[PDB]
Participant: 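Looking at a model with flurbiprofen; I have a few questions.
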Amino acid sequence: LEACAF
Amino acid sequence: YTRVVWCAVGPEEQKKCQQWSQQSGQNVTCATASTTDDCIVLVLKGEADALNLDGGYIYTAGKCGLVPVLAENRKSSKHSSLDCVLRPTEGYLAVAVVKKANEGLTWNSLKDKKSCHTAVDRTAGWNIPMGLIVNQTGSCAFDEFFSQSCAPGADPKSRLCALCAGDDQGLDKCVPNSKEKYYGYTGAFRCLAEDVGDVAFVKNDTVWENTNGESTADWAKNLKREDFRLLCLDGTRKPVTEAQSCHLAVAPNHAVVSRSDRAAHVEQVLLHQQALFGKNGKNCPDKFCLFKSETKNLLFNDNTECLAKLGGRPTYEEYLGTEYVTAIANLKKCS
Ligand SMILES: *[C@@H]1O[C@H](CO)[C@@H](O[C@@H]2O[C@H](CO)[C@@H](O)[C@H](O)[C@H]2NC(C)=O)[C@H](O)[C@H]1NC(C)=O
Ligand SMILES: *[C@@H]1O[C@H](CO)[C@@H](O[C@@H]2O[C@H](CO)[C@@H](O)[C@H](O)[C@H]2NC(C)=O)[C@H](O)[C@H]1NC(C)=O
Ligand SMILES: C[C@H](C(=O)O)c1ccc(-c2ccccc2)c(F)c1
Ligand SMILES: *[C@@H]1O[C@H](CO)[C@@H](O)[C@H](O)[C@H]1NC(C)=O
Ligand SMILES: [Fe+3]
Ligand SMILES: [Zn+2]
Ligand SMILES: [Zn+2]
């Protein structure tokens, strides 16, 4: 739902 | 001005990009990575500028700050006086396709069958059908729904990669790039055409473009539309002429993404490049055609008429649409 995957 | 550094996914796309780069007098140059996620990382680091992405990858890129720049626009169903570059995009129809001879396979009997997907995390091949299946089964265990699949990008030892075939030498099984024989729209449709899978999750155009002599490729050249059916969500089966009434979803068109700070430059360079190499471009077909790749949809879909300007300088959420973004977020709660 929130942050960059990297 | 600066050169624009495109990111190519896998060696076939790299080959095409290098031809584009030669033809453009290095106004465009090429970085290459093995997967679309890795290209998104090169762009985040500033080591490439841009690439064109399916909507599911636009979601990954947009959560990381990259923005949509121009969208693919294919031939539109309705006449329009508008120039392709100013025409609003009409999404594409995600569909579930089976062989007509596989009688009695419907949406409601997909459990334990063999499936063909464009790749994990793509719109029609994965997010829309697996999102619907998690919802309808009330279970996150989507990795045990089909008996076997080809879902490029999944673990290669898992049942989700058991049908994948890799490259000529049988290496790179399940990698999510054009080296995997069953990657992408045309690879997943081939997986169904060859009866490796019972069902393929692709888009409407894929079926039409690879049947009835529209493709001269060996695996496609004999396929007849009438030998395929679409699966509708109410459990019926229709001919592939009926996609407007038997689809899983309407998907946002693939689009070019970049960092914000390079979006305006990427946009300017691309509008000039398609004027040279696009459909009716000054140097296409004589020198180079940016939206051809012998049906293999390398860098852009081969059915692209142009890249078109976006309305309302949209964020990635606005370009994907709230409904789809919320569907992806729900699905990614599973894993
Ligand atoms: C499903 O996809 C096909 C292929 O893109 C569509 O057929 C094309 O439609 C355009 C007009 O919209 C024609 O002018 C092309 O000649 C058609 N192509 C082929 C290969 O036959 C078809 O319209 C799409 N169906 C739906 C419901 O969108
Ligand atoms: C899977 O189900 C969830 C739960 O209903 C869907 O999420 C909803 O989508 C609607 C329509 O956009 C919204 O009004 C709701 O707020 C969403 N609910 C929740 C809990 O987030 C999702 O659209 C479904 N997935 C698919 C692919 O259809
Ligand atoms: C912007 C994008 C595109 O095709 O380029 C796009 C396309 C389609 C939709 C859309 C969403 C629900 C029903 C019908 C269409 C949407 F919200 C966004
Ligand atoms: C390279 O780009 C520059 C600046 O837009 C332009 O002057 C030149 O014509 C371009 N050439 C090609 C071949 O893309
Ligand atoms: Fe797609
Ligand atoms: Zn619909
Ligand atoms: Zn806005």
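Chains: A, B, ... assigned top-down by sequence line. Residue numbering in chain A adheres to the PDB entry, whereby the residues present occupy positions 681-686 in order. Residue numbering for chain B follows the PDB entry, covering 342-676 in order. Computed from heavy atoms alone, side chains included, the values below leave out hydrogens, waters and symmetry copies. Both ligands and their constituent atoms are indexed starting at 1 by order of listing. Header entry for method reads X-ray crystallography, 1.6 Å.
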Participant: Which ligand numbers or chain letters correspond to flurbiprofen, including copies?
Facilitator: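 It corresponds to ligand 3.
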Participant: Find the chain in most contact with flurbiprofen and give its name from the PDB entry.
Facilitator: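 Most contacts: Lactotransferrin.
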Participant: Mind listing the other chains that have a heavy atom within less than 4.0 Å of flurbiprofen?
Facilitator: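 The heavy-atom check gives B.
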Participant: Report the binding site of flurbiprofen using a heavy-atom cut-off of 4.0 Å.
Facilitator: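 The heavy-atom binding site is B/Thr430, B/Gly432, B/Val591, B/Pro593, B/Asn594, B/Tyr660, B/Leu661, B/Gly662.
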Participant: Yes or no, since that's all I need: does a protein heavy atom fall within a distance strictly under 4.0 Å of atom 10 (C) of flurbiprofen?
Facilitator: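 No, because not a single protein heavy atom sits under 4.0 Å from atom 10 (C) of flurbiprofen.
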Participant: Suppose we measure from atom 13 (C) of flurbiprofen to each protein heavy atom; which comes out shortest, and what is that distance?
Facilitator: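 Answer, as residue, atom name and distance: B/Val591 CB, 4.4 Å.
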Participant: Provide the UniProt domain of chain B home to most residues in contact with flurbiprofen.
Facilitator: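 That would be UniProt domain Transferrin-like 2.
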Participant: At what distance is the nearest protein heavy atom to atom 3 (C) of flurbiprofen, and which residue and atom is it?
Facilitator: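 The closest heavy atom on the protein side is B/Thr430 OG1, 3.1 Å.
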Participant: Closer than 4.0 Å to some heavy atom of B/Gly432 - which atoms of flurbiprofen meet that?
Facilitator: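 Answer for flurbiprofen: 4 (O).
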Participant: B/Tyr660 versus flurbiprofen: do any nitrogen or oxygen atoms come within less than 3.5 Å of each other?
Facilitator: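 Among all N and O atoms of B/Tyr660, at least one is under 3.5 Å from an N or O of flurbiprofen.
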Participant: Would you say atom 7 (C) of flurbiprofen makes contact with the protein, given that contact here means a non-hydrogen protein atom less than 4.0 Å away?
Facilitator: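 For atom 7 (C) of flurbiprofen the answer is yes, since some protein heavy atom falls inside 4.0 Å.
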Participant: In terms of residue, atom name and distance, what is the protein heavy atom nearest to atom 4 (O) of flurbiprofen?
Facilitator: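 Answer for atom 4 (O) of flurbiprofen: B/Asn594 N, 3.0 Å.
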Participant: Which residue owns the protein heavy atom closest to atom 12 (C) of flurbiprofen, what's the atom, and how far is it?
Facilitator: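 Result: B/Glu664 OE1, 4.3 Å.
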Participant: Which residue owns the protein heavy atom closest to atom 16 (C) of flurbiprofen, what's the atom, and how far is it?
Facilitator: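 I find the closest protein heavy atom is B/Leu661 O, 4.1 Å.
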Participant: By number and element, which atoms of flurbiprofen are closer than 4.0 Å to a non-hydrogen atom of B/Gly662?
Facilitator: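 Selected atoms, number and element: 17 (F).
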